[PDB]
Engineer: 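Just dropping this structure here.
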Amino acid sequence: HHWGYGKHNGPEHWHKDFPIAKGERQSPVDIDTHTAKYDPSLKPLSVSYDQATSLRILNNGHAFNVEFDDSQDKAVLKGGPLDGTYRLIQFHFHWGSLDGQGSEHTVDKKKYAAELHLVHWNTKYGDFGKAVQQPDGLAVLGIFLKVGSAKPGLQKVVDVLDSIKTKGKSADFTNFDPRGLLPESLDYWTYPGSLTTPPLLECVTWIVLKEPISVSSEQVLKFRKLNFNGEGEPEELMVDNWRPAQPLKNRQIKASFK
Ligand SMILES: O=C(O)c1ccccc1O
Ligand SMILES: O=C(O)c1ccccc1O
Ligand SMILES: O=C(O)c1ccccc1O
Ligand SMILES: O=C(O)c1ccccc1O
Ligand SMILES: [Zn+2]
């Protein structure tokens, strides 16, 4: 599988190897804020990250993942639209070549400079690989990034990127606190969707926070120095690693707030 974000292997091509790309609950989507419905029965999100154990950071040739110990209930998401306990396995970002693009979800067609995805799996399915085969297997917390003031809690991530410049490189990344990436408010939109990269499985309850976080231009510039290619291969900057909005089809986006 040689999928990517280039002209010859990008999102418009993914359906040839992954036919679910044209399915009924693909992500991301545009969030029409005037069409989303407030649902008063939606509960507040419960983000319990105090015992989180980060292990490693990896450049996988499409983004970088910060990975966590998901062998115990150390960092979990529950409540909101979710039934059960969802364990944090990794987070990653999508970002642009310019500050006016980079997010996967859009809000009233507005694009943010980047988007953070905190990926969690439903513990009733035992492991991530089983969870991705279920319609309620994953819960992804999505957070928009806008360029402005620096985010202090992001800087530890930025400072390690030089050690994982190319595809396949990893580095130890212990004692990172993902709570430093969250905005003040946990108000959210939610809808059923999919992974946004191949295999594009329709297994995600998306929880997209309304409040973006601010990062500095210097922080996002360091993301843009990463490479899609392996060491010794022709340099292709890791930028614009986002899938565009897909048709909503027979879905409704719900809001936790009025
Ligand atoms: O593999 C990619 O994601 C890619 C992206 C941009 C340009 C060329 C590429 O191969
Ligand atoms: O110093 C950086 O911020 C950096 C980031 C990504 C890749 C190579 C780098 O030197
Ligand atoms: O978010 C995704 O698209 C994804 C895809 C494959 C594996 C883990 C993931 O989070
Ligand atoms: O291994 C290579 O082919 C190579 C090519 C360009 C620069 C550094 C390298 O190691
Ligand atoms: Zn993602």
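The residues of chain A that appear here are 3-125, 127-261 by the PDB entry count, in order. Every number for a ligand or one of its atoms is a count from 1 in the order of the listing. Just so it is clear, the values below take in all heavy atoms, side chains as well, and ignore hydrogens, waters and symmetry mates.
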Engineer: Identify the compound at ligand 3, choosing among salicylic acid, alendronate, levetiracetam, ipidacrine.
Structural biologist: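 Out of the options, salicylic acid.
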Engineer: Count heavy-atom pairs within 4.5 Å of salicylic acid (ligand 3) for each chain, then name the one with the most as the PDB entry does.
Structural biologist: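 The largest contact count goes to Carbonic anhydrase 2.
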Engineer: Which of the Zn(2+)-binding residues recorded by UniProt for chain A place a non-hydrogen atom closer than 4.0 Å to salicylic acid (ligand 3)?
Structural biologist: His94
Engineer: Tell me which UniProt domain of chain A holds most of the residues near salicylic acid (ligand 3).
Structural biologist: Alpha-carbonic anhydrase
Engineer: Please report which non-hydrogen protein atom sits nearest to atom 2 (C) of salicylic acid (ligand 3), along with the residue it belongs to and the distance in Å to one decimal place.
Structural biologist: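 So the nearest neighbour among protein heavy atoms is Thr200 OG1, 3.7 Å.
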Engineer: Checking a contact table here: which protein heavy atom is nearest atom 9 (C) of salicylic acid (ligand 3), and how many Å away?
Structural biologist: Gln92 NE2, 4.0 Å
Engineer: Find the residues of chain A UniProt lists as binding substrate whose heavy atoms come closer than 4.0 Å to salicylic acid (ligand 3).
Structural biologist: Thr199, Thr200
Engineer: Under 4.0 Å from any heavy atom of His94, which atoms of salicylic acid (ligand 3) are there?
Structural biologist: 1 (O), 10 (O)
Engineer: Can you tell me the UniProt active-site residue of chain A nearest to salicylic acid (ligand 3), plus the heavy-atom distance to 1 Å?
Structural biologist: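 By heavy-atom distance, the closest UniProt active-site residue is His64, 8 Å.
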Engineer: Which organism is on record in the entry as the source of chain A?
Structural biologist: Homo sapiens
Engineer: Could you tell me whether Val121 approaches salicylic acid (ligand 3) through its side chain, its backbone, both or neither, with non-hydrogen atoms closer than 4.0 Å?
Structural biologist: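 Just the side chain.
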Engineer: Note all other ligands and ions lying below 4.0 Å from salicylic acid (ligand 3).
Structural biologist: ligand 5 (zinc ion)
Engineer: State the binding site of salicylic acid (ligand 3) (non-hydrogen atoms, cut-off 4.0 Å).
Structural biologist: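 Within 4.0 Å on heavy atoms: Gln92, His94, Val121, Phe131, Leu198, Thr199, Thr200.
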